[PDB]
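Chains: lettered A, B, ... by order of sequence lines. Numbering of chain A is taken from the PDB entry, so the residues present carry the numbers 154-190, 251-453, in order. Quick note: numbers on chain B are straight from the PDB entry, i.e. 154-190, 251-453, in order. We're sticking with the PDB entry numbering for chain C, so the shown stretch reads 686-695, in order. By the numbers in the PDB entry, the shown part of chain D spans 686-695. Counting convention: from 1, in listed order, for ligands and their atoms alike. Heavy-atom basis, side chains included; hydrogens, waters and symmetry copies ignored.
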Amino acid sequence: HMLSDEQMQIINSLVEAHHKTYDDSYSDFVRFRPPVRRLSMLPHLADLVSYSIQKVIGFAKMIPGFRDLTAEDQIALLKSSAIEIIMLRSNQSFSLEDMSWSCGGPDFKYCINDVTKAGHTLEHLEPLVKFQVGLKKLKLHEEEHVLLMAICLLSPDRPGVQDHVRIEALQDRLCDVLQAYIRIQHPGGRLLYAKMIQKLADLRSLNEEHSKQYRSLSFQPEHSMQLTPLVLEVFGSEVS
Amino acid sequence: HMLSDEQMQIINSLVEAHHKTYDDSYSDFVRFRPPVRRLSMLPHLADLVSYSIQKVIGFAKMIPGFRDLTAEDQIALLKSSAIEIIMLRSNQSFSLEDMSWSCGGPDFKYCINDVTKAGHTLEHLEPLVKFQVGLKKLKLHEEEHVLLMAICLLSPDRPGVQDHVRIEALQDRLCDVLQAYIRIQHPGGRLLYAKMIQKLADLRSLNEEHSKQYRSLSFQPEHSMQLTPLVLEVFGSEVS
Amino acid sequence: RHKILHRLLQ
Amino acid sequence: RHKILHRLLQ
Ligand SMILES: C=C1/C(=C\C=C2/CCC[C@]3(C)[C@@H]([C@H](C)CCCC(C)(C)O)CC[C@@H]23)C[C@@H](O)C[C@@H]1O
Ligand SMILES: C=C1/C(=C\C=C2/CCC[C@]3(C)[C@@H]([C@H](C)CCCC(C)(C)O)CC[C@@H]23)C[C@@H](O)C[C@@H]1O
């Protein structure tokens, strides 16, 4: 009926890690190649995603137990979940009023259409928006949102993972924290945890669908040239 | 005492090719990652150079005889001279009054200092400025400036070149055009041609010095990540 | 392999 | 070889 001293320490860390790596002002967006509204949004969005990947890496490094993993496993986990963590973290900018990520003014307000001018069809963009709406409607506590990102990241079932025993242990340790936080600190959340886990399944599907659209982009040199080195490397299929 | 019908056709082509690939308004610069004034200028300058490389490729393709070369040779020539063509073409924005490339306002006015915030020392930047001043002082006709770029590009002595017989022929054909244009159309230019050839030698030295500073950048992943795919590929040492 | 260069060279 | 990733992972 009460969160342990160890469970609250890992929460403090995760919540701080997210504050260190997520800017609510989105002031760094001016440093990206400007948005343009064929495939005009690709450069801006490629920079946005590249920037976010660096942020996700910074966050990951502060996840309790992550640094204790092999460089290989760390990479296998980041490469496989990077896009999912990005999709999760963006919910914080997503707005239900307009069904779009609002990062400031007309420039950094991203609607579903903008992403279609970056090489993605509604065949994939539909589920993503639906996902954001369902995720926003959950009205997650910051503690839960953050815990969800870290649990996503430490998923055992990822291509390339070697020590899927330690990873699952770290993830289980995290799930316990989450299930306990909700039970204790979040009224009416008796059903919440289960809904959050279902969202992880959704992310797998969104991930699969993104990697397919991205594969076409990465295979067209005229488009791939618009990406960044980090994006190409992280979303690339090179094997370590 | 008069330029031939064939010599003037290749001039028309080269001068048009340059007009198609060089914007005096520099209006595309707003689409690059903004300039910042460690290594803050690297992103803007990397985008500038990447953009310029695409332009140089477009120009090259229109050089009489270039398209008739092997894809390999075309690549060997572009990879080896890209930086030299960029250094040549930038003279058109360089200004003696302020000793800097002036592409519009404080933002796109590049001084020697700006480039030092992009990974280059004055140990290399000095000769480059001196080169620009000497080049500007030559007050080249557009026909000569353009001819010089095309002769630089079609230089036989480049690493990777295979058919150095046809290349030299194309270059000789070009040098003749230049020596004849100056003799006929450019008063007091009896010494000009020779001075232009010496500039090509200068470019080799500038090229050598750039590739050394660039090698350090490309070897530091935190810096290399700020480059573009095109830059990395064109200035990279992969062998075809 | 110069994928971008080949491409840009039509 | 993931040169950038290794790097960013301190
Ligand atoms: C990222 C963040 C943000 C938005 C994420 C978005 C909105 C635009 C469209 C995006 C970027 C989706 C695109 C389908 C991703 C495109 C990938 C690519 C074009 C490279 O193949 C995924 C996440 C979406 C803004 C802010 O919340 C920070 C967060 O960090
Ligand atoms: C290019 C063009 C222009 C300027 C070129 C410059 C000015 C800034 C500093 C530059 C870019 C030099 C840098 C040493 C190159 C840096 C290379 C890198 C940082 C990637 O290792 C070479 C040419 C110089 C502007 C315009 O004339 C178009 C032209 O096309």
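Looking at ligand 2, one finds the drug calcitriol.
The main binding partner of calcitriol (ligand 2) here is, in the terms of UniProt, Vitamin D3 receptor A. Going by heavy atoms, the other chains that come closer than 4.0 Å to calcitriol (ligand 2) are B. Nearest to atom 4 (C) of calcitriol (ligand 2) among the protein's heavy atoms is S303(B) CB, 3.5 Å.
Close contacts of calcitriol (ligand 2) with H333(B), meaning ligand atoms under 4.0 Å from a residue heavy atom, involve 16 (C), 17 (C), 18 (C), 19 (C), 21 (O).
Neither the backbone nor the side chain of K268(B) has a heavy atom within less than 4.0 Å of calcitriol (ligand 2).
Atoms of calcitriol (ligand 2) found under 4.0 Å from any heavy atom of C316(B) (numbered from 1 in listed order, with element): 25 (C), 26 (C). Taking only nitrogen or oxygen atoms, main chain and side chain alike, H337(B) does not reach within less than 3.5 Å of calcitriol (ligand 2). There are UniProt calcitriol-binding residues of chain B with a non-hydrogen atom under 4.0 Å from calcitriol (ligand 2), namely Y175(B), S265(B), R302(B), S306(B), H333(B), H423(B). Only the side chain of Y179(B) comes within 4.0 Å of calcitriol (ligand 2), counting heavy atoms alone; its backbone N, CA, C and O stay farther away. Structurally, no covalent attachment point of calcitriol (ligand 2) is modeled. Other ligands and ions with any atom nearer than 4.0 Å to calcitriol (ligand 2): none.
Residue counts put most contacts of chain B with calcitriol (ligand 2) in the UniProt domain NR LBD. Counting heavy atoms within 4.0 Å, the binding site of calcitriol (ligand 2) comprises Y175(B), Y179(B), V262(B), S265(B), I299(B), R302(B), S303(B), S306(B), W314(B), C316(B), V328(B), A331(B), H333(B), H423(B), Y427(B), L430(B).
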Measure from every N or O atom of calcitriol (ligand 2) to the protein's N or O atoms and keep only the pairs below 3.5 Å, writing each with atom names and distance to 0.1 Å.
from: calcitriol (ligand 2); atom 1: 21 (O); to: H333(B); atom 2: NE2; distance (Å): 3.1
from: calcitriol (ligand 2); atom 1: 21 (O); to: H423(B); atom 2: NE2; distance (Å): 3.1
from: calcitriol (ligand 2); atom 1: 27 (O); to: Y175(B); atom 2: OH; distance (Å): 2.9
from: calcitriol (ligand 2); atom 1: 27 (O); to: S306(B); atom 2: OG; distance (Å): 2.8
from: calcitriol (ligand 2); atom 1: 30 (O); to: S265(B); atom 2: OG; distance (Å): 2.8
from: calcitriol (ligand 2); atom 1: 30 (O); to: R302(B); atom 2: NH1; distance (Å): 2.8

